[PDB]
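Positions are given from 1, in the same order as the sequence printed here. For ligands, and for the atoms within them, numbers begin at 1 and follow the listed sequence. Side-chain atoms are counted along with the backbone in the values below, which use heavy atoms only and exclude waters and symmetry mates.
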Amino acid sequence: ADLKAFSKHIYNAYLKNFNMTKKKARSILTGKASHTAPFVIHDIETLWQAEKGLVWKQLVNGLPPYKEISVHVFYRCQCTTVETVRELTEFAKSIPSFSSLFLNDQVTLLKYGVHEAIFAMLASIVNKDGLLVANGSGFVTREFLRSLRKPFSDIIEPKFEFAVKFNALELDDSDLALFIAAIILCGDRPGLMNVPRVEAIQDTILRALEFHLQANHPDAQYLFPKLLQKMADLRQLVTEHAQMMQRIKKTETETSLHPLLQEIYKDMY
Ligand SMILES: CC#CC[C@@H](C)[C@H](O)/C=C/[C@@H]1[C@H]2C/C(=C/CCCC(=O)O)C[C@H]2C[C@H]1O
């Protein structure tokens, strides 16, 4: 009922939009669902294998042209992000009263929120040693990712470090549903036209989040305040990311940038 039912509705919408969940992820990582472990991408050879059947099963990968391993992997990174971006924008449709905002504000919230939510959800498919890809059929090593040349390794690490530490909060999927909603309904995004409307919606989300957290984690006293502090850390993450992506565009001109991502980075901060 009410906050309880609100929390549940957002959760259901989450389940409907993201097919890889933390639950699934952990089930694979610990070896529970598995029998056969994920194929591991940890170098150039294995990355090649993974794309020809074991992880990605397409004859022609559909990626832009690349002349080196670092750029190739970065194209994979962009593909994942775009995937999650699409799911986020569809998930936002189930956020009560979101779709009724000015179109320009819907755009603004998502332009400035998807990366924060993606970075929060990243912890879900991560451990300290690497991360799941392609609905858990693949597993890419942290090590492999750190071996890419700058600026590509540099762009990846901070997110990796935030993801691993974020896991210390022990959130589950029904917690994450509300958290990502609260992320998207942020009132301080540059260029919002009707801040009070956006903030009233976020308020309803924040109320249910505090509600759900205490219901779902009775023993974790300061979970709510801790989660809210993560919002600031996510902001700093994306703020740095925008500078990194601007530098990619200026000093890695041979690196193709997905047009949806370009649209996001455009005039971003
Ligand atoms: C091979 C391989 C691999 C591992 C990846 C495919 C893994 O599947 C991707 C994980 C990426 C991380 C690395 C990032 C790079 C930023 C560039 C794009 C953006 O603007 O997001 C951002 C993180 C978000 C997540 O989608």
Enquirer: Could you check ligand 1 and tell me the drug name?
Expert: iloprost
Enquirer: Which chain forms the largest contact interface with iloprost (ligand 1) when counted as heavy-atom pairs under 4.5 Å, and how does UniProt name it?
Expert: Peroxisome proliferator-activated receptor delta
Enquirer: Where's the contact between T81 and iloprost (ligand 1), heavy-atom distance under 4.0 Å: side chain, backbone, both or neither?
Expert: both
Enquirer: Quick one: look at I41 and iloprost (ligand 1), take heavy-atom pairs under 4.0 Å, and tell me if it's side chain, backbone, both or neither.
Expert: neither
Enquirer: Would you say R76 and iloprost (ligand 1) have an N/O pair spaced under 3.5 Å apart?
Expert: no
Enquirer: Measuring from atom 9 (C) of iloprost (ligand 1), which candidate in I118, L47, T80, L237 has the nearest non-hydrogen atom?
Expert: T80
Enquirer: Counting contact residues of chain A for iloprost (ligand 1) domain by domain in UniProt, which domain has the most?
Expert: NR LBD
Enquirer: Which organism does the PDB annotate as the origin of chain A?
Expert: Homo sapiens
Enquirer: Please classify the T84 to iloprost (ligand 1) contact at 4.0 Å (heavy-atom distances, strictly less than): side chain, backbone, both or neither.
Expert: neither
Enquirer: Test of understanding: given a 4.0 Å heavy-atom threshold, classify the contact between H241 and iloprost (ligand 1) as side chain, backbone, both, or neither.
Expert: side chain
Enquirer: Heavy atoms under 4.0 Å from iloprost (ligand 1): which residues of other chains qualify?
Expert: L47, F74, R76, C77, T80, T81, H115, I118, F119, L131, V133, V140, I156, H241, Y265
Enquirer: Would you mind writing out a table of all protein N or O atoms found under 3.5 Å from any N or O atom of iloprost (ligand 1), naming both atoms and giving the distance to 0.1 Å?
Expert:
unit_1: iloprost (ligand 1); atom_1: 8 (O); unit_2: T80; atom_2: OG1; d: 2.9
unit_1: iloprost (ligand 1); atom_1: 20 (O); unit_2: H115; atom_2: NE2; d: 3.0
unit_1: iloprost (ligand 1); atom_1: 20 (O); unit_2: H241; atom_2: NE2; d: 2.7
unit_1: iloprost (ligand 1); atom_1: 20 (O); unit_2: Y265; atom_2: OH; d: 2.7
unit_1: iloprost (ligand 1); atom_1: 21 (O); unit_2: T81; atom_2: OG1; d: 2.6
unit_1: iloprost (ligand 1); atom_1: 21 (O); unit_2: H115; atom_2: NE2; d: 3.3
unit_1: iloprost (ligand 1); atom_1: 26 (O); unit_2: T81; atom_2: OG1; d: 3.0

